[PDB]
Asker: 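Let me give you the structure first, and then I'll get to my questions.
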Amino acid sequence: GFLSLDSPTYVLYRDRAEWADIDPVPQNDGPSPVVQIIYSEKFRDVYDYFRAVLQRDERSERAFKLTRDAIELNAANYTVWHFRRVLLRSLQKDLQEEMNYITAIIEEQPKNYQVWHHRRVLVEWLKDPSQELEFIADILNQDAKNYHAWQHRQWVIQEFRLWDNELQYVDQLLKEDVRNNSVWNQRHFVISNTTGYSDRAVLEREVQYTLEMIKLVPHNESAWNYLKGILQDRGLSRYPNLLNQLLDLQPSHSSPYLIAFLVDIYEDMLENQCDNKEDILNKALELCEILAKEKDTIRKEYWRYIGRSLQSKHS
Amino acid sequence: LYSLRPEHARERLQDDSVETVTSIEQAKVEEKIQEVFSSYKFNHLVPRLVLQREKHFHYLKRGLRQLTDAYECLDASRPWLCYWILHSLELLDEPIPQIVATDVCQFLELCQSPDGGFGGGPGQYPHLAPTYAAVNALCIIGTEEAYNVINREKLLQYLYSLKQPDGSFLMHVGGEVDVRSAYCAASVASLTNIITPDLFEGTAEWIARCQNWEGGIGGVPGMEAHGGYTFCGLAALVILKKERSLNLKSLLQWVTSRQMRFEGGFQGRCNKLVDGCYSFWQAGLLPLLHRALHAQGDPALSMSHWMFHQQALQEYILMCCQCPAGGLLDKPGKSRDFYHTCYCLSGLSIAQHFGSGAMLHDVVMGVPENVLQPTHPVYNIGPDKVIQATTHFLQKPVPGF
Ligand SMILES: NC(=O)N1CCC(CC(=O)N2CCC([C@H]3c4ncc(Br)cc4CCc4cc(Cl)cc(Br)c43)CC2)CC1
Ligand SMILES: CC(C)=CCC/C(C)=C/CC/C(C)=C/COP(=O)(O)OP(=O)(O)O
Ligand SMILES: [Zn+2]
């Protein structure tokens, strides 16, 4: 008998006969309260009653239904969530019906730590990950960058080893928004945990793919950060064709990202004993000033630091 | 004013004629920010960048006593409201009447668990977020009364109950793990002097695993780099003296890339929106990185400025993040709250105050009455409060059990 907290015929717990036996325990804020919240009548009612059943550790079906109301009033109350999990195991509740419950509440408020942790506890208990990728995909369809959703997704995939169709899902979301940095992060999570980036064919496939994206949307920083991220590993100087290939986009696709990437390639060439040390250094230093004074002034302090640092290092 | 310069119009987003949810939402924001920047021009007055101290003060001193039911969503984060407010009053240079201070102390006493640590309100199970907030608030107060509230033996015991074999910490018993717990733990343990030889064994290594391909740090290994988690990861490492466990250079590039060329404020993660609270979580990283690189004897570091545009950040905060009615915010059009008031103010203070050894250099945009009290980049409470607290707790021996 779940009388909805939003139902027009919802009645306070103090006006409920099946609760008339128990006294509500009010909150002890002290004689001189600080950051004291002027609770609503409903909030106050539900919590005074929650305190009562918790204090007496009453593991009843009535207590279980009440935590649902206390959770709906404040889904961030981790104490209530704990007791709810306590009652889920005591009353031996159908955990699949609880998955239905958590699916709904997460749909309602997806930016909450407690709801996702609770869903993970249920999936662990049932050792059943079959609804996960699909549920998460529905949340990502509403907010493709929800941090908890992506975190839960990484957990399910790693825990249950569900890697097989993720790179395809990544390609899907990248088509929807090639600027979704969460998806670029997922791309790396999948590849590094499956094939890895040492497989030259993968690396080639990834660099080529990324370059095509850069060509299409030159000012998309995610594609640039991903390019830097997968090569930066072994050292950008280790790839002699790259500098050339980027220097070509100098007129057509030349955002301050192309400029900054060139300085990065140069920094690594210097540290890696390249030909024309004096020359290469001057090019890098020249770009640092163009960036500091002109192309990327918001980061002037950074680019000057890079300039100074490069000088001290490779004079 | 850097934001108001003509050449600044050139910093507007360039979508390459390829619109996506990302470019559309950013453009909406830049559009709204531009209307703010140009408001002076259209109304023909001289831009007067003023921090509405008195407005912020009434809001703060009032929220410190009571709050409307709109705050029911923060009923499990009351020690946070105390910290956010007392710290905002502290940055603004407003005093805590000894009567208010004792009241706050008594409240946090009710929030403290018999098992150590503090819960989000009287009688709530202990959690690390409100434990960090409760401890920081008591340190801002800095009285012997405040200091004595904290049960140091139960606190250490609580921290051990959360410690994991892999080096991480749960946020609370039966809860989740992410970089925040490492920072919350390293903060309260260092301030109270309860760090045993093995308490943080493996913690620096676990945090290091949170650093990804972007250079920043995610909530748990594998996750996208974020400003709130990156501050927690780096600040925790600085406390543990293990900053070197991270690739400091890739992190420097990542955080500096988070400042929005147009809006001037910081975004939380690549390709997302600017937000006032990140004036602290992200910009707060620059002082930390300055100290770390300086420890490594970096010769190219500045002797007057942080490695971010202090001017642009102060302009974004002063022009775009103040609610006329008092209080600060995420961005124009957002509602004010004590969280954003605390971090917008915290970030302003970081933006105004540079210091590296013997060097000190301020940069106070707008009227000089704008200058705020300095904030310690690791703990985010006054530097004086840190020294005062640690010195006090050092008179006590580390709990042995
Ligand atoms: N407009 C209104 O009605 N109001 C204004 C807004 C207010 C909530 C608030 O200030 N809020 C909402 C909750 C935020 C909270 C949090 N909560 C859930 C998730 Br997922 C993420 C984060 C991240 C921000 C962060 C940071 C710290 Cl250090 C500490 C906290 Br406890 C948090 C704090 C700000 C309620 C009242
Ligand atoms: C000590 C302590 C408790 C520190 C807190 C650090 C902090 C603020 C972390 C952020 C957590 C998070 C899930 C952000 C994404 O939200 P979002 O998608 O709504 O915002 P976004 O688009 O700017 O990333
Ligand atoms: Zn914010």
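Chain letters run A, B, ... following the sequence lines, proteins first and then strands; every chain starts at 1. One-based numbering, in listed order, for ligands and for the atoms of each. Computed over heavy atoms, backbone and side chain alike; hydrogens, waters and symmetry mates excluded.
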Asker: What's the name of that drug at ligand 1, by the way?
Answerer: lonafarnib
Asker: Just wondering - which macromolecule does lonafarnib (ligand 1) hug the most here, in the naming of the PDB entry?
Answerer: Protein farnesyltransferase beta subunit
Asker: Give the letters of all other chains with a heavy atom closer than 4.0 Å to lonafarnib (ligand 1).
Answerer: A, B
Asker: Mind pulling out the residues near lonafarnib (ligand 1)? I'm using a 4.0 Å cut-off on non-hydrogen atoms.
Answerer: A:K111, A:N112, A:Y113, A:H148, B:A70, B:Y71, B:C73, B:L74, B:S77, B:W80, B:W84, B:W281, B:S335, B:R336, B:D337, B:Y339, B:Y343
Asker: Answer yes if a protein heavy atom lies under 4.0 Å from atom 30 (C) of lonafarnib (ligand 1), otherwise answer no.
Answerer: yes
Asker: Under 4.0 Å and counting heavy atoms only, is there anything from the protein next to atom 17 (N) of lonafarnib (ligand 1)?
Answerer: no
Asker: Can you check whether a protein heavy atom sits less than 4.0 angstrom from atom 22 (C) of lonafarnib (ligand 1)?
Answerer: no
Asker: Considering only heavy atoms, which residues of chain B annotated by UniProt as (2E,6E)-farnesyl diphosphate-binding lie under 4.0 Å from lonafarnib (ligand 1)?
Answerer: B:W281
Asker: Kindly indicate whether atom 12 (C) of lonafarnib (ligand 1) is approached by any protein heavy atom to under 4.0 angstrom.
Answerer: no
Asker: Can you pull up the source organism of chain B from the entry for me?
Answerer: Rattus norvegicus
Asker: Distance below 4.0 Å between atom 8 (C) of lonafarnib (ligand 1) and any protein heavy atom?
Answerer: yes
Asker: Filter the residues UniProt lists as binding Zn(2+) in chain B to those having a heavy atom under 4.0 Å from lonafarnib (ligand 1).
Answerer: none
Asker: I'd like to check which lonafarnib (ligand 1) atoms, numbered from 1 as shown, lie under 4.0 Å from a non-hydrogen atom of B:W281.
Answerer: 28 (Cl)
Asker: Tell me: protein heavy atom nearest atom 32 (C) of lonafarnib (ligand 1), and distance?
Answerer: B:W84 CZ2, 4.5 Å
Asker: Is atom 5 (C) of lonafarnib (ligand 1) less than 4.0 angstrom from at least one protein heavy atom?
Answerer: yes
Asker: Report the molecule name of chain A from the entry.
Answerer: Protein farnesyltransferase alpha subunit
Asker: When you check lonafarnib (ligand 1) against the protein, what N or O pairs turn up below 3.5 Å? List the atom names and distances, or just say none.
Answerer:
unit_1, atom_1, unit_2, atom_2, d
lonafarnib (ligand 1), 10 (O), B:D337, OD1, 3.4

